Enquirer: 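Consider the following structure, which includes reserpine.
Quick note on labels: first sequence line is chain A, next is B, and so on, each numbered from 1. Every number for a ligand or one of its atoms is a count from 1 in the order of the listing. Per the header: electron microscopy, 3.6 Å.
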Amino acid sequence: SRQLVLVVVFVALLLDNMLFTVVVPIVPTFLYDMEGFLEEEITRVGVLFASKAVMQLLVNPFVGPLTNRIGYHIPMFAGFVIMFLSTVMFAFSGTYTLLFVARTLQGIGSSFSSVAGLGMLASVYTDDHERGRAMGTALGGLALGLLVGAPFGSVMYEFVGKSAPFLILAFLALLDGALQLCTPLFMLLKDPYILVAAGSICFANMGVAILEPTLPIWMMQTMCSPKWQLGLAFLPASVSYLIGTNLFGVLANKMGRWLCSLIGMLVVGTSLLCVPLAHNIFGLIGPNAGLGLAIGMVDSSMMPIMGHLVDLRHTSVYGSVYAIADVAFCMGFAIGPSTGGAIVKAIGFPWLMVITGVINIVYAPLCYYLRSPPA
Amino acid sequence: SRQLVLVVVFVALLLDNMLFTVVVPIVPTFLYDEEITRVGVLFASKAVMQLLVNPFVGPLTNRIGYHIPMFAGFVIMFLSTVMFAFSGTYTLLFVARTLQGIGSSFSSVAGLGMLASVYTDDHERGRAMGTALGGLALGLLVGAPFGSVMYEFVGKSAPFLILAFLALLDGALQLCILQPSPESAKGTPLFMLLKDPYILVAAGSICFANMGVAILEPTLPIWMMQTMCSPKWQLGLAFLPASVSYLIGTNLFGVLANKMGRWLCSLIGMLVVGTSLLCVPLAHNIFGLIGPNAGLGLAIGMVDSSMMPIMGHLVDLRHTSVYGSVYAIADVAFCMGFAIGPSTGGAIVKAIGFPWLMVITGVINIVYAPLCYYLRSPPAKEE
Ligand SMILES: COC(=O)[C@H]1[C@H]2C[C@@H]3c4[nH]c5cc(OC)ccc5c4CCN3C[C@H]2C[C@@H](OC(=O)c2cc(OC)c(OC)c(OC)c2)[C@@H]1OC
Ligand SMILES: C[n+]1ccc(-c2ccccc2)cc1
């Protein structure tokens, strides 16, 4: 029924965020277990983190005609089985080579699910009013999974073993399988307005993209924190992000969207600058919460601007914003860690954070162009 | 004793900067007895001459102390207000402005040097200069309506005579406490302190912020008349929130700078002033400028109170303990924006436009802020 498909889509997006948010606090300690020596492996961890983004980009434009030719349910099956396989090898992987294949399979399955589930939700809901509510429910489940995934793997690593969280995620995925069993984008990427908005979103999310694969190694090398607080350190970045996106989605229309994006990028730069100063775990709640709140600001201010820009000058569909918005996230999560590993090899982590903050601040006042576009 | 020195510097900045703003609503109306180009140069006469006298006042403080320059500044300010009280021609109204500029430069450099000298603790030093900037903001806020009501109700010679009497009282207080009747440490030459990157960053920060309230003030009434079509009684009232927010910001952030962080304070102030300048030209009425002007004044007070004690902190960290030249550089940074702004702002507005000028200033401040992170912890000199 209509509630069943929404439930399975919500659970699928939940697991999709759970896997990506549980990989981040496990892989560096996983490499530490078999063996300061992460300065040489930071590049390989950056490539392993950018593999999913690069695979999602390479398989992005192929699922379009595939869903039209063979329907929407069939591409669901491939994505779910591939993500089940990626989960099962991730709990069972022992070497660096298997992790890359697991990440590529996870990226392909994430792309297939993100296409097929939203396509099904659009197809089922033809009432023209409940579709937006279902999309909001899916986004809320996405945020809930983002919140839950970060403390999960770090807490259940040194306490209940290593394969426990991945096996639990695979078992939860098996539950959803039984429930489920019963103006193109290249034409929209030539005007300056949409390109500026996409660049703003990408440069806003690149900070949290670079914070993932390079922060735990810095924490282990300097702060001497235990192995269970590494996943807890990212909790403010999720909680503050959720409160910020709710509040500023409420409040952004009053004080202007372009000012929202400008102030959000500025506070992103300031938070990233203030991040590498703390010498204890308690010095990271401020900057991380600020960065999450700022990313909520920039996303909630840039999505309606993208929608209005597409509507005013071009003809749009139910999911025009999803194609462009997922492009900016893919550039962010693909160009963040791969370049960040080489940057940390050549120069220090604080220099990388200063560079990211400087880029965000310098790109900040280019959002003046987006105020009142013409026709 | 050390508490009374702050009272002397507080009074000195109050009287000198009150004369700066009292003559504003008296000169263009009484001069009448094309025009903007010359009347505008008269308002900028103090800034041009004060910038020149700063390099000749800095090294002078190392050889004769901080008392004689302050007494000379008081005497020059009294002479300037006396000359303003009786002059009634365009030629005689320029020498008085030049004398007021010389006295203002002398008083500012001597007072800041003395305040740096007496107060040694950095956290303690961050409050005296905050209250001094608050007194300066109070003088700039109260000079305009006092002189306006005095001219409108009692005459042209009334407020200048009252300011002269207040200057006499201030000089009597100065003779009472300071007794203006050579430093052991030989301070570094001024040319060497212009090579330290931190000093240049701080001076550029103060100079850029002081370029925003400057290039906004003379060119704002013209755009208001051209677009909003407002009556004559709102042009003065538009800039009042900037002064009020400047006073509040300078006091509170002189309190808060030692706690929250000097470099973060300067960076947030620069970002706020840049965004305020960006959002200024979007207003479609007088009520659209209440917010951006208040943010601009608060951010400028933030930057000023953050970058005042940092100069003395750097001078103690690296160079010898002599504070005259660094605050001479600070006054040069303060006066450069005020001497460049009024004389050319109409030219830039006629050439490219007021919104483009605001966007350029805004963008220079937003695209300059991340350079401040360098003042987090300068390395010390070799032992
Ligand atoms: C990895 O998972 C993601 O990439 C999601 C998030 C990325 C990023 C992030 N990762 C973290 C990991 C942490 O632990 C280490 C801690 C903090 C963070 C933060 C804080 C900040 N944060 C933002 C998250 C945003 C999510 O995207 C959407 O919410 C979304 C919403 C829509 O509706 C408006 C869309 O349609 C238009 C849409 O389509 C493109 C996507 C995005 O993809 C689903
Ligand atoms: C030296 N100085 C003069 C004027 C100001 C000022 C700033 C904002 C609003 C009004 C005055 C600040 C400093």
Enquirer: So, reserpine - where exactly in the structure, counting duplicates?
Expert: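 In this structure, ligand 1.
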Enquirer: Mind checking which chain reserpine touches most? I'd like its name from the PDB entry.
Expert: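 It sits in most contact with Chromaffin granule amine transporter.
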Enquirer: Judged by heavy atoms, which other chains are less than 4.0 Å from reserpine?
Expert: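 By heavy atom, the other chains are A.
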Enquirer: Give the UniProt transmembrane segment numbers of chain A, counted from the N terminus, with a heavy atom closer than 4.0 Å to reserpine.
Expert: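 Going by heavy atoms, the UniProt transmembrane segments near reserpine are 1, 5, 7, 8, 10, 11.
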Enquirer: Tell me the source organism the PDB entry gives for chain A.
Expert: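 The entry lists the organism as Homo sapiens.
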